[PDB]
Asker: 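Please read through the structure below; I'll follow up with questions.
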Amino acid sequence: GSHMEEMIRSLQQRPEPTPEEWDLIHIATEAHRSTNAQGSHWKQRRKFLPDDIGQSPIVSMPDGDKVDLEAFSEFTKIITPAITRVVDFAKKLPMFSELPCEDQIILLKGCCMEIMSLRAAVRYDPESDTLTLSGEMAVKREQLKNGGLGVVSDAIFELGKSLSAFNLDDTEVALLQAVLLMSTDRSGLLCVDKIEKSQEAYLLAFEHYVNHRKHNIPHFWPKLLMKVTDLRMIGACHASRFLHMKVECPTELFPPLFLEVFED
Ligand SMILES: O=C(O)Cc1cc(I)c(Oc2ccc(O)c(I)c2)c(I)c1
């Protein structure tokens, strides 16, 4: 192109975001930052879930990983704000908020656990080997496992540990969320084509933003896509396990919003 353009683009050749993609990137990034509990100040003012909690699984589950009701209660007491923040994030993306209300509900139920799991995973702390839930509650593998998640907890920790080396920034987390949200692998959607077109726009903007960032680890983009796949598997194991939870435990132990999201 122009001399200046060429000068500016010398150390690049992989496609950068277009100006339209930068707009999309900026809105998603801000939507995430404004809905992500604690402004990058999470590790300072976080508290550990007491070591004596989450050591006593005694409610049976079909897969044999039992549940500690006390730990389950501690986790579910803070889950309502966590789900609400995912909803707030989604409502801030124009391509989501212009969908029929019914499609918005289906998309949210479809991705809620995928996004929450990703938000917990990016707060993995290698030193203490904990996840920080909602940026306030540091939990150990055993505690999160026994408090209801079973093997889903091991999957989240594994993801969190592997994501450490990716050094994701807010934009990359935000775009993963948008890609998870705008999925047509749900049933009963009306605006299938429009949702797909939106996902494709986010995916391309995401690939181009990845080029822009020039991460030091190789094969970054396909590596990141593989993490999207892991997150969707985490979502599915959670949906399966939630069904069993509901068979074993009375409704009064589940906050209303938690039941609503993970319904069918
Ligand atoms: O980290 C925050 O932003 C969000 C965060 C908050 C919660 I509480 C959550 O922990 C869960 C999730 C599902 C579940 O059935 C049980 I029992 C515990 C996840 I993992 C992530």
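The first residue of the sequence shown is numbered 1, and numbering continues consecutively from there. These numbers come from the heavy atoms of this one structure, side chains and all, not from hydrogens, waters or symmetry mates. As the structure lists them, so they are numbered: ligands from 1, and atoms in each ligand from 1.
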Asker: What does the PDB entry call the chain with the greatest number of heavy-atom pairs under 4.5 Å to ligand 1?
Answerer: THRA protein
Asker: Drug at ligand 1: what is it called?
Answerer: tiratricol
Asker: At less than 4.0 angstrom from any non-hydrogen atom of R85, what atoms of tiratricol do you find?
Answerer: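 Close to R85: 3 (O).
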Asker: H238 heavy atoms, cut-off 4.0 Å: which tiratricol atoms fall inside?
Answerer: 13 (C), 14 (C), 15 (O)
Asker: Side chain, backbone, both or neither: which applies to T132 and tiratricol if a contact is any heavy-atom pair less than 4.0 Å apart?
Answerer: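 Near tiratricol, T132 shows its backbone, while the atoms from C-beta on stay back.
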Asker: According to the deposit information, what organism does chain A derive from?
Answerer: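 Per the entry, it comes from Homo sapiens.
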Asker: Could you list the atoms of tiratricol found under 4.0 angstrom from a heavy atom of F258?
Answerer: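 Near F258, meaning under 4.0 Å from one of its heavy atoms, tiratricol has 15 (O).
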Asker: Given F157, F75, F262, which has its nearest heavy atom closest to atom 18 (C) of tiratricol?
Answerer: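 Of the listed residues, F75 has the closest heavy atom.
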Asker: Within a distance under 4.0 Å of any heavy atom of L133, pick out the atoms of tiratricol and give their elements.
Answerer: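 In order of numbering, the contacting atoms are 1 (O), 2 (C), 10 (O).
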Asker: Tell me whether tiratricol is touched by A37 - counting only heavy atoms on the residue side and a distance under 4.0 Å.
Answerer: no
Asker: Below 4.0 angstrom from a heavy atom of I156, which tiratricol atoms are there? Numbered from 1 as shown, please.
Answerer: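 The atoms of tiratricol under 4.0 Å from a heavy atom of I156 are 20 (I).
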Asker: Compare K77, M116, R119, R123 and give the one whose heavy atom is closest to atom 1 (O) of tiratricol.
Answerer: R123
Asker: Which residues form the binding site of tiratricol when counting heavy atoms under 4.0 Å?
Answerer: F72, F75, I78, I79, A82, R85, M113, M116, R119, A120, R123, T132, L133, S134, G147, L149, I156, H238, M245, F258
